[PDB]
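Model: Tubulin beta chain / ligand Taxol.
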Amino acid sequence: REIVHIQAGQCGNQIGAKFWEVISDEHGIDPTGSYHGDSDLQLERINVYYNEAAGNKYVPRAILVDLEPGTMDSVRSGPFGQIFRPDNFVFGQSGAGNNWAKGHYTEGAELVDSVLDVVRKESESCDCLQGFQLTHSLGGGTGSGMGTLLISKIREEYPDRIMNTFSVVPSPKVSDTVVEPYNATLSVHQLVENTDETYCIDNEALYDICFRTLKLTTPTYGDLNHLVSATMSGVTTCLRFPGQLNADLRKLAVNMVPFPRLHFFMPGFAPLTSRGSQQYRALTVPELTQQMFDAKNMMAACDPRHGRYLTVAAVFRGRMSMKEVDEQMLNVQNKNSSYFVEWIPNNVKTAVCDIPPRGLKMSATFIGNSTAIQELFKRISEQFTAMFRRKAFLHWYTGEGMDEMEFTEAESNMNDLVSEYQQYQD
Amino acid sequence: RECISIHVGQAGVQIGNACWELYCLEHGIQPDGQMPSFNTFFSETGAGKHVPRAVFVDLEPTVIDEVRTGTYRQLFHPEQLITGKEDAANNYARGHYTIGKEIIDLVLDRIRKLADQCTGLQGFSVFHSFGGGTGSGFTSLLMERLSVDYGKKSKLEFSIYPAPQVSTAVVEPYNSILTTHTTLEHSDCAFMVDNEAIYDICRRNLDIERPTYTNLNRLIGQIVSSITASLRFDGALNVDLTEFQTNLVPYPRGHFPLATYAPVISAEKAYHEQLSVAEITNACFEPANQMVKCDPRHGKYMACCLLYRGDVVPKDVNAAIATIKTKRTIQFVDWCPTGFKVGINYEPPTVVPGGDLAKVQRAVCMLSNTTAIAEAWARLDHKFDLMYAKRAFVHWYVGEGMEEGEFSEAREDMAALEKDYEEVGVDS
Amino acid sequence: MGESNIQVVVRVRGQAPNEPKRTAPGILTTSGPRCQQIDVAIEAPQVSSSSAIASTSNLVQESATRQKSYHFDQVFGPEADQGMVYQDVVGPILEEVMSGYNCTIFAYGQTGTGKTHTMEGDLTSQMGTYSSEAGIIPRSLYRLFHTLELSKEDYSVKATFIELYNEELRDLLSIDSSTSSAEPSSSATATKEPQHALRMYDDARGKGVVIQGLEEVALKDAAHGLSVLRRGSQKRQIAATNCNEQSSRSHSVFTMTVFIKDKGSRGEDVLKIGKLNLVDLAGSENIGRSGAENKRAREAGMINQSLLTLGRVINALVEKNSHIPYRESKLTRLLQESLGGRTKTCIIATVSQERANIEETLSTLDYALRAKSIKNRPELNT
Ligand SMILES: CC(=O)O[C@H]1C(=O)[C@@]2(C)[C@H]([C@H](OC(=O)c3ccccc3)[C@]3(O)C[C@H](OC(=O)[C@H](O)[C@@H](NC(=O)c4ccccc4)c4ccccc4)C(C)=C1C3(C)C)[C@]1(OC(C)=O)CO[C@@H]1C[C@@H]2O
Ligand SMILES: Nc1nc2c(ncn2[C@@H]2O[C@H](COP(=O)(O)OP(=O)(O)OP(=O)(O)O)[C@@H](O)[C@H]2O)c(=O)[nH]1
Ligand SMILES: Nc1ncnc2c1ncn2[C@@H]1O[C@H](COP(=O)(O)OP(=O)(O)NP(=O)(O)O)[C@@H](O)[C@H]1O
Ligand SMILES: Nc1nc2c(ncn2[C@@H]2O[C@H](COP(=O)(O)OP(=O)(O)O)[C@@H](O)[C@H]2O)c(=O)[nH]1
Ligand SMILES: [Mg+2]
Ligand SMILES: [Mg+2]
């Protein structure tokens, strides 16, 4: 009944910093950590993310990890920093060089046990372990290196649990670094074999979302991640809140995974309307399901209509009606009956909460899985094919000591992965 | 001389949330137990504030917290509100094996304190689903473990069953095949309701296009009070559960009836209509009022049980009886000579406060039998066979110790079941 | 491209000194439903044929005929000796892999069916066992010091014992003082050394071959200190269920390597190296029957999860479709060298004989039925 949180990297520490901003306002909470919400369903299942203590206090069940000091200090210097309790900033005074072959390798290893103790500070004291939520990068080192060594030890300590993470797919459009096709590249050698699931969020589509379809000018990191933040919260509303057809994360793990390696997924937020389009739009049940077809609301940089969908889950918010919910779902199965696979007749899994977030009246959460999401992978894998031939800027890492055999097999780890969607695509 | 309820699964709970509202509507029972003048589902307290003879099972703490904090928390007893820790997460494997052996010693324990209070127990009924893990694997445990200690009572199943067109999860046919063969191995009598044709009642007999799960189930809830709750009450031709034993089921293993309900009229249509006994019998055989996506015209009628409510005199019935025999478009069987066993009771069905259906003078529940469900059985089997050809969605149950050979065990015997509906019109 | 496809062999349970005193007095004898035959290796189990209103499974028969007569290459019964199985299975190919051919042995079936009696076995009634009769491992280790010595050639006894306990690979030939009762420090120090590389090699010399970290080789002059394989099998993890108390819990992969050199008459030395992947698996536990418990549950399911993934391969081998996913179980990557690969590999199909365990063997009986359409291409080493 409880979920443990981990953050890493310059982004995934910053990304979840926007997330707990929202979950604090999910329940009407003081910036200190006092309760002032009004809904009783807010108060009822506090336990899953929080650790209520004496003095009528609330502790976000979260461990914040970095090798850079001032990043998480800026979280603490910023508001919604005192709502944490400061016995949890496990960090070190050394830069990783934004390197997977250092953060997984040396300067994390003097910080591993200091992390896992705060895990053991929490996870034994938990009533029932249910969630190991991570938020990090695949572009830098701290989001890529240290978390892979976490999962090599956390699953070693918890084989009977569930491993999800929100890892950020690199953008060939917008970036700043160079060895970016290594950090995600060597992450896959540990992300696939030891995590039950992860998603694939890329800025390369995210810029197209806020700028075009939401009528915004400047995509900031505080705003591109605020888009991610609602889609985070929509993953596990039924586990937290009452609903008619409530679904587990493990239920979401069951029906969305046909096969224990093809477990990469994609979010989607349904009332993606602009500021101006409020007074010129009627908001219905097919209005929410309309974006399931939308290429511009698929938050990863792929055409959904390019491949064919394997599995899609729909997690709804609002006092709806199932006959309208089912038959509108039925029509989307009937509208484009080539976009799915054949051997799965019910291509969709429903999920219906009873309470949407405040301000709105309807919301939803798209969770799809298609044979075109590999388009994110062919971009990265082909970039690897150029960096290896000259062995270009190899002389930051061979002094560390990662092998060409790793560069051989993790390379072929990708081709074993990607080329299975096209078995079932065409 | 009593009867016990079992509510398993997130579907199986909210079924009773209407039904026990109706059961407490049977006597004006407020959240205390205010009632004059009846011992079927109830015990009487020292203050006489009656309590249900019902069992709740929920592997999550999710649904029941609504029940035990919202309205009608106090009529139930925390003896009964048996909540659990974790779902099996829609898994027949963990619902039968892993989590299921953590609560079953507490659930069977409440039975020995309630069933022993029954002075000559009539029977008891089980509520579950097919898609839900809770309703699949726990059914595989409970319905065999009851027959270890109750091999000589009645075991009714009002089981919610999926549509061949509208479905809500992937492994829903991948559940029911593993469940139902061992269910038919042990259970006595099983009903099935499809939400497909329930939606058809929403658009054609309710004429409302925004239903709730209450409104799909107060329909199911109004059935049972006419199945059983009036059988305590004295009318003209009262039936009981034991008049279904070798009556309705002409075999050891054929026990699958089909429930319909004839007067389904929204309150606007209470006046472009003048109801009769003969009209509502004509409503009994509409293939668009089967509550399951099925046409009786493709099949036959092995048997048919007419169970009536309110002001019903059989001379008015007997005319409509031979009428349907004469106006037949049914292709009746060879093997049943004439058998139409009759149920006539006295009580009107009561109006759900804030509910849907209309204050009537007379009402019908009907059980019948057909080989048309054997199509709708196999229509789910069409969804079932192709997932095995990929061997897909397979790691959750072999990872929890259920065999591939079970799927060769269950379905081929389930096909043997479906081939044994066809033995009706063979020998003649 | 080769057509050196496969070998399919079958031995069943039977004459094991608890078993025949209750089965053959209880139910029909040595293959009751099954009809053991030896010539064309045909066999066919059935059940009772009743006019069943719910027709039972295995009602496919007629008056006086057999059904699912899965006639194989070579099937055997309780009568087949350890040497008689060695007469047909292992013996006539152990002098063939001396030239450089490679083999792999593994079993599959219902739990407790005697896989480890075939693989490991145990000795016979001797006061001093001079590599006495047991399962398939010491009999080849007895032929080890015969056909690598009576050939009178410079040999190299090379082998390494690796256990695989729930998606790991652990050496049991090690110094293993840390696994026993030793003295750790009262507090933990800093790890001044970098990371450790283990098992994580794949090459592109051929395909399917996987290179491993830290192959602790074993060299013996005779069978005198060959109880290190028993010392290794001692640390192999077992448990005590109720379906079988004797059947193991973990599963192991043991390799063999025969580097033999002789200067041929052509003027060059013959660098011939063989491989005998002596691989044993755990019992496919039906946990509702056996009664596994909390920690035993994850110990039980990953066995079947591995066997599921093992079933996830052979269907795609006979399918002939692109990108057969060998990449879930590490056992499959150890098996992708020959499962669709190049060299030789035999398949052991040990199953049950209970009437209550006829359907439970049909998933194995389907997998042995599909066990012919896997293509390879043979080669040796020079
Ligand atoms: C007039 C007014 O108040 O309007 C709404 C609003 O209309 C719109 C425009 C909002 C607004 O959001 C944005 O403008 C926005 C811009 C970039 C990226 C993300 C959001 C809103 O900020 C979003 C905000 O939504 C919420 O408060 C939800 O509960 C939301 N909460 C937060 O994100 C939040 C976080 C910190 C502080 C306050 C709110 C939520 C949604 C899902 C899951 C959890 C929480 C509200 C009321 C509105 C505005 C102010 C305009 C929209 O977003 C959300 C998340 O609801 C943009 O698409 C929807 C459409 C909404 O109708
Ligand atoms: N008619 C009707 N069917 C329902 C209702 N709620 C759930 N169902 C059906 O029940 C099936 C799932 O069973 P549930 O009871 O919800 O799940 P469960 O038995 O608790 O087991 P889990 O899946 O593990 O949660 C779905 O396919 C639904 O169609 C309902 O309110 N009315
Ligand atoms: N063909 C056979 N010949 C002789 N003994 C056999 C044969 N088949 C089975 N047995 C006996 O069957 C018994 C029970 O099998 P057992 O060896 O304990 O389990 P298992 O199948 O090997 N499982 P595992 O230990 O996990 O590999 C053993 O004591 C064997 O002696
Ligand atoms: N959405 C988002 N992505 C960011 C942000 N900062 C960095 N990234 C992305 O994250 C990747 C770099 O990883 P980062 O966390 O910054 O470095 P690390 O700390 O060494 O792991 C690149 O793909 C950046 O585009 C941010 O604030 N928001
Ligand atoms: Mg459930
Ligand atoms: Mg054995």
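Chain lettering follows the listing: the opening sequence line is A, and each later line takes the next letter. Throughout, chain A uses the PDB entry numbering, with the displayed residues spanning 2-44, 47-360, 369-437 in order. Since chain B takes its numbers from the PDB entry, the residues it shows come out as 2-38, 49-439. All chain C residue numbers match the PDB entry; in order, they span 1-382. Whatever order the structure lists ligands and atoms in, that order sets their numbers, starting from 1. Values below: all heavy atoms of this structure, side chains included; hydrogens, waters and symmetry mates excluded.
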Inset, instruction - Specify the chains or ligands that represent Taxol. - result: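 In this structure, Taxol can be found at ligand 1.
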Legend entry - Taxol: other chains within a non-hydrogen distance below 4.0 Å: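 Heavy-atom contacts under 4.0 Å involve A.
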